[PDB]
Structures are given as structure tokens and as C-alpha cells.
Amino acid sequence: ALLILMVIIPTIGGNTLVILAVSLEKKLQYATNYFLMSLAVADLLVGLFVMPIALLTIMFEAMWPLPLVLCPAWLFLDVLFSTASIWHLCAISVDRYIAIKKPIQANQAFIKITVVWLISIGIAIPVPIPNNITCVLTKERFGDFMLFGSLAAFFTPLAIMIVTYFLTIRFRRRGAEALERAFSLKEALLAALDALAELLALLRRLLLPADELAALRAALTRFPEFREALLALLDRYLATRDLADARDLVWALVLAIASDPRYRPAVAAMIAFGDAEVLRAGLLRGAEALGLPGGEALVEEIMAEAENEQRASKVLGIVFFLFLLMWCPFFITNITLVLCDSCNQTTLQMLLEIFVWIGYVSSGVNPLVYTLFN
Ligand SMILES: CN1Cc2cc(Cl)ccc2-n2c(nnc2[C@H]2CC[C@@H](Oc3ccccn3)CC2)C1
């Protein structure tokens, strides 16, 4: 009977590998990777404080053979660790959404980790509040908890998590499409790129502006990296009366925007979704139009950065999908036995025993996803 005894080691090993890699290599200390280390330590703590004695309870026939002092402490630890594990993914999703949506100050982590850990602690507080002790957390004494704690641990995070998770993808998709149409060789490119990015409307104004030319020149001077190449391209486009001149002007402007460290993460995220070939062709056309002899080494850097954003999204989606596939049955049945009229208690309690053990296996699979997708 070594089936579950051995599984403990992969969980702890994968969690401690994530603990060490983020704090040692220094090549992977991105903003989200700090949340990954908190999730890793949370899943490492369940390896030594949840799995061993819970599986030892099997030999005791659901009885507590240890000192009775720590039993409420153990239940508190279990609830705290599950809540932290879910809320860390929730925090990752909401952080990604808020960073992509409003990168003005994000571009220019311990506090967020403390916030989520304190929230989980304040979620798990009520648990401390002849015959022998039997820690099974009976539905009678812990009645309101089985509903409220389950709602606050699974349903409350899963609502926002799903939305925030997609909210980020939405922005990428918005750009992807807008950018593909901008590289499709009509003045519909700007009308969509304006909403995709959020100066952009000034380009559609050009396709004209008698007094907005000063503002346009000021905006062009607002990008020092492109310097006066953008201004020269704008003057040429004004002289050449749009046609292909406006096309290479907007291509150069998009390349310069992707060059700015303010919009670079968002634009790389949008590029992550899409054919990734038409976008490269358009960016290369912009680089050629912009002069900029080092342009190729920059557009290739942009495309390399875009792949990174994409890679992350994939590794994240999988983890989330697993979380949803594995934890959901347990929390679904944990509400069924609270509200019933003829449901046999044994028939629902048998499935809860396997379902609670199923949810904890997700601790040892998140590092596996990273290792496989690295
Ligand atoms: C005998 N034991 C089975 C059990 C085994 C293992 Cl290995 C872990 C936990 C339990 N076990 C028991 N009773 N409870 C639990 C926990 C703790 C409460 C949790 O409920 C939650 C969890 C998070 C948020 C809200 N409620 C269900 C899992 C009875």
C-alpha cells in the first residue's frame, strides 16, 4: 500500500524547487513569480502538516491517536492551507488583470502576499471555536461553517478568478484582432487600435487637422526613443496624402509604442494572441519605415518578449484548469449534504472522503506543470 505514501515526496520536492528557483536564479523573479513562491510554500506546508497525519488517521479508523491539544489546531491548519492555496491563484489572476488594465503605475509584492494570508487566516478563525476524541468535524457542531467557509474558500474566489483570468485574455485578444486588421494592408485600423490600446485618435483625425498639428508634434516628441524619425515619417505621410504613407506611419507608431517601457508589457500580451506572423511582418515594415538601423534587433526582441507572455498564459491556464477540475467536486458535494430531504448520509459521506483527498493532490501538480512547460 505505497500508492499515497510516496506521493508526499513529489509534492514537497516540487514545492521546494519552486521556493529555491525564484529566490536563487534571479532570472525568474518576475512580479507573478513571487505569488508562485507563496503558493509553493503553502503547498509545501500541506506536505508535512496535512498529508502525513491525515493518512495516519486511516490506520486509526478515523480516530485521533495523538495528543488532543492539537486537533483543533490541525483542523485550523487544514482550512487555512486550502484557503491560501485557492486565494493565491485568485490573487495571481486579479493581479494580472489589474496590471494589464492599468500599467501606468504597475510598470513604474510582499504586501499582497500578507493581504491574502491574513484574509485566509480571518477565513479560518472559527475552527478553533468512556469516550475518546474523534476529529471528523461533524456537520452538527460545525454546521454553519460547512456552508459559509466553503462559500468563502471556493465560490467567492472562483467567481472573480474566472472573470479576472479572462479579463486579461480579453485585452490580448482586443489588441490581436485590432493589430491584425492594422497589418491587413481602409482607415479601420486606428478606430479599433484606439480601444485596443486602452494620441491614437489623432491618427484617425489625420486621415485635416488645422490646429491639432501642434499637439501631434508634441506627442511625437513625447517618445524620445523613436526621436525625430516619427516626426519625419509624419511629415512624409502628410506630404504623400495617406495611401501607403499613412500605413507605414501607423506601423512605425505602433513599433515605437511597443518600444516604450510603459506600453511594452500590454502590447507584448496582445501580440501573444494572434498569428504571430502577420504581426511580425507589420512590425518589420514599421522598422524599415522608421529608419532605426538597430530596428531588427528590437522587433525580434519584442516578438521574443511576446512569446514569454504567451508561455506564461499557457502554464497559468493549465494550473487554473486543474484547480477547477480537482477542487470542484469536493466543494460541490460539501453543500449537498447540508441541504437535503431524503439523501442518505452514508451515500454522501463516502464520496466526501475521497473528494477531500482528491483536492489536496493539486498541491503536487503545479510545480509539475512548470517543469513540463519550462
Ligand atoms: C477525518 N477528516 C477527514 C479529513 C482528512 C483529511 Cl486528509 C483532511 C481533512 C479532513 N477533514 C475532516 N473534516 N474536515 C476536514 C478538512 C477540513 C475542513 C475542510 O472544510 C473546509 C475546508 C476549507 C474551507 C472550508 N471548509 C474539509 C477538509 C475529517
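The residues of the chain are indexed from 1 along the displayed sequence. When a ligand or atom number is given, it counts from 1 through the structure's own listing order. Hydrogens, waters and symmetry mates are skipped; everything else that's a heavy atom, side chains included, is used. The deposited model was determined using electron microscopy, 3.6 Å.
Going by contact count, the macromolecule most engaged with ligand 1 is what UniProt calls 5-hydroxytryptamine receptor 2B. PDB records name the drug found at ligand 1 as balovaptan.
Segments near balovaptan (ligand 1): of the UniProt transmembrane segments of chain A, counted from the N terminus, those with a heavy atom under 4.0 Å are 2, 3, 5, 6, 7.
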